[PDB]
Peer 1: 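One structure is given below, represented as structure tokens, and several questions about it will come after.
One-based numbering along the sequence shown. All values below were derived from every heavy atom in this structure, side-chain atoms included, with hydrogens, water molecules and symmetry-related copies excluded. As the structure lists them, so they are numbered: ligands from 1, and atoms in each ligand from 1.
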Amino acid sequence: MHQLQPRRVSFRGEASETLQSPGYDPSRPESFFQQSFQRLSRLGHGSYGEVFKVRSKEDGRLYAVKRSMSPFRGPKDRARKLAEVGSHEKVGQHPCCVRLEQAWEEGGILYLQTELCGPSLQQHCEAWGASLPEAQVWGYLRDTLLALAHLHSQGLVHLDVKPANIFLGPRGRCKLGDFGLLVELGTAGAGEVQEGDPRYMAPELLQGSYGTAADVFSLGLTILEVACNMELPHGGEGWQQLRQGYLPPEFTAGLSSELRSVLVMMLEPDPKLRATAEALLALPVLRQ
Ligand SMILES: Cc1nc(Nc2ncc(C(=O)Nc3c(C)cccc3Cl)s2)cc(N2CCN(CCO)CC2)n1
Ligand SMILES: [Cl-]
Ligand SMILES: [Cl-]
């Protein structure tokens with residue numbers, strides 16, 4: 001038995017370049033990941049695999065690397081996992097999007113290497129233990145809207161906007177990440193489209209319908225959650241009322257009229273009436 005060398009995963013159609021790094025010798029049994037990075041800590045894990053903080057031997061910089069758990073079960077499993085790279089490449093470089101440095105597969109395992117960001121917005125709020133100060137909220141709302149405008153004007157829908165998928169950066173900035181469910185509208189692959197976390201899901205998705213507006217609604221609930229320190233319902237009347245243009249006055253009494261107004265625009269039940277990211281970013285309140 002002999003082993004295939006690791007190989008880059010990319011959908012850009014560029015000439016197939018074969019992997020190299022200081023510290024890496026392809027005749028050794030250790031994986032490219034093992035040889036090419038100093039593993040520093042584990043940032044996260046799940047049925048998908050694990051995310052590590054690492055230092056690159058290529059450039060001495062810190063990165064995050066996501067490593068799948070177990071080898072591909074078959075060709076379609078492999079295709080579905082590799083498509084995350086293709087989605088992520090469609091996002092390109094944007095200051096409010098988590099940047100993909102490179103991706104590769106080895107031994108049936110997929111690796112995605114991104115810039116290292118701060119903690120997720122979920123983690124931050126959990127630590128904070130209270131509603132975020134509204135000044136913070138506005139800044140996160142703006143940055144995540146900038147990410148969505150960037151996606152949407154290219155016909156891309158993220159479909160899983162939520163605090164766990166937004167990462168902090170210095171000076172109150174943040175970046176949208178996790179493009180594993182992102183779809184390009186009106187091209188091939190409509191068959192492989194799947195809704196995101198049901199806690200944050202837009203109402204139209206209940207009937208199977210989606211579009212860029214679904215992200216605006218999910219981001220609305222994201223901002224509601226962090227601005228009010230509210231536990232979003234998983235279902236029932238509470239879940240349904242949030243999809244019918246209603247806000248619980250209890251958790252939301254503290255909000256400014258301006259932020260309340262903006263959330264109502266974002267949570268509009270009819271996707272055809274719902275505000276676009278572009279229209280929101282043009283509001284004077286998001287152009288300070
Ligand atoms: C969960 C978590 N991630 C952090 N930074 C990240 N950067 C990028 C991440 C990421 O997942 N990239 C990615 C990949 C790799 C593939 C596809 C898609 C994407 Cl988006 S996760 C920081 C953090 N902290 C933990 C606690 N603190 C340490 C001291 O205690 C502070 C920092 N925790
Ligand atoms: Cl490995
Ligand atoms: Cl398969």
Peer 1: Which of dasatinib, avanafil, monepantel, bictegravir is the molecule at ligand 1?
Peer 2: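 Of dasatinib, avanafil, monepantel, bictegravir, it's dasatinib.
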Peer 1: Quick check: main partner chain of dasatinib (ligand 1) by heavy-atom contacts, named as in UniProt?
Peer 2: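 Most contacts: Membrane-associated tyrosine- and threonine-specific cdc2-inhibitory kinase.
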Peer 1: Quick one: what's the binding site of dasatinib (ligand 1) if I count heavy atoms under 4.0 Å?
Peer 2: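 Heavy atoms under 4.0 Å: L43, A64, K66, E84, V98, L112, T114, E115, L116, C117, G118, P119, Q123, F167, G177, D178.
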Peer 1: List the residues that UniProt gives as binding Mg(2+) in chain A and that have a heavy atom under 4.0 Å from dasatinib (ligand 1).
Peer 2: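 Of the UniProt binders, a heavy atom is that close in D178.
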Peer 1: List dasatinib (ligand 1) atoms under 4.0 Å from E115, heavy atoms only on the residue side.
Peer 2: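 In order of numbering, the contacting atoms are 7 (N), 8 (C).
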Peer 1: Has dasatinib (ligand 1) got any nitrogen or oxygen that is less than 3.5 angstrom from a nitrogen or oxygen of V65?
Peer 2: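 So dasatinib (ligand 1) has no N or O lying under 3.5 Å from an N or O of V65.
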Peer 1: Can you tell me the protein heavy atom closest to atom 7 (N) of dasatinib (ligand 1) and the distance?
Peer 2: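 Nearest neighbour among protein heavy atoms for atom 7 (N) of dasatinib (ligand 1), to 0.1 Å: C117 N, 2.9 Å.
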Peer 1: Heavy-atom distance from atom 33 (N) of dasatinib (ligand 1) to the protein below 4.0 Å?
Peer 2: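 When distances to the protein are checked, atom 33 (N) of dasatinib (ligand 1) has a heavy atom within 4.0 Å.
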Peer 1: Where, taxonomically, does chain A originate according to the PDB?
Peer 2: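 The entry gives Homo sapiens.
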Peer 1: Short list, please: which atoms of dasatinib (ligand 1) are under 4.0 Å from a heavy atom of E84?
Peer 2: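 Near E84, the atoms of dasatinib (ligand 1) are 17 (C).
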Peer 1: Going by distance only, is there an N or O of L116 that falls short of 3.5 Å from an N or O of dasatinib (ligand 1)?
Peer 2: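 No, no N or O pair falls under 3.5 Å.
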Peer 1: Which UniProt ATP-binding positions in chain A have any non-hydrogen atom closer than 4.0 Å to dasatinib (ligand 1)?
Peer 2: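 The UniProt ATP-binding residues passing the heavy-atom test: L43, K66.
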Peer 1: Answer yes if a protein heavy atom lies under 4.0 Å from atom 20 (Cl) of dasatinib (ligand 1), otherwise answer no.
Peer 2: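 Protein heavy atoms within 4.0 Å of atom 20 (Cl) of dasatinib (ligand 1) - there is at least one.
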Peer 1: State which UniProt-annotated active-site residue of chain A is closest to dasatinib (ligand 1) and how far away it is by heavy atoms, to 1 Å.
Peer 2: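 Going by UniProt active-site residues and heavy atoms, it's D160, 10 Å.
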Peer 1: Would you mind checking which non-hydrogen protein atom is closest to atom 26 (C) of dasatinib (ligand 1), with the distance to 0.1 Å?
Peer 2: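 That would be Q123 NE2, 4.4 Å.
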Peer 1: Relative to the heavy atoms of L112, which atoms of dasatinib (ligand 1) are at a distance of less than 4.0 Å?
Peer 2: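 So the answer, numbered in order with elements, is 15 (C), 16 (C).
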Peer 1: Checking the N or O distance criterion of under 3.5 Å, is dasatinib (ligand 1) in contact with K66?
Peer 2: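 Min N/O separation from dasatinib (ligand 1) is not below 3.5 Å for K66.
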Peer 1: Name the UniProt domain of chain A that holds most residues in contact with dasatinib (ligand 1).
Peer 2: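 The answer is UniProt domain Protein kinase.
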Peer 1: List dasatinib (ligand 1)'s nitrogen or oxygen atoms that come under 3.5 Å of a protein nitrogen or oxygen, with the partner atom and distance.
Peer 2:
unit_1, atom_1, unit_2, atom_2, d
dasatinib (ligand 1), 5 (N), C117, O, 2.7
dasatinib (ligand 1), 5 (N), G118, O, 3.2
dasatinib (ligand 1), 7 (N), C117, N, 2.9
dasatinib (ligand 1), 12 (N), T114, OG1, 2.9
dasatinib (ligand 1), 33 (N), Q123, NE2, 3.3

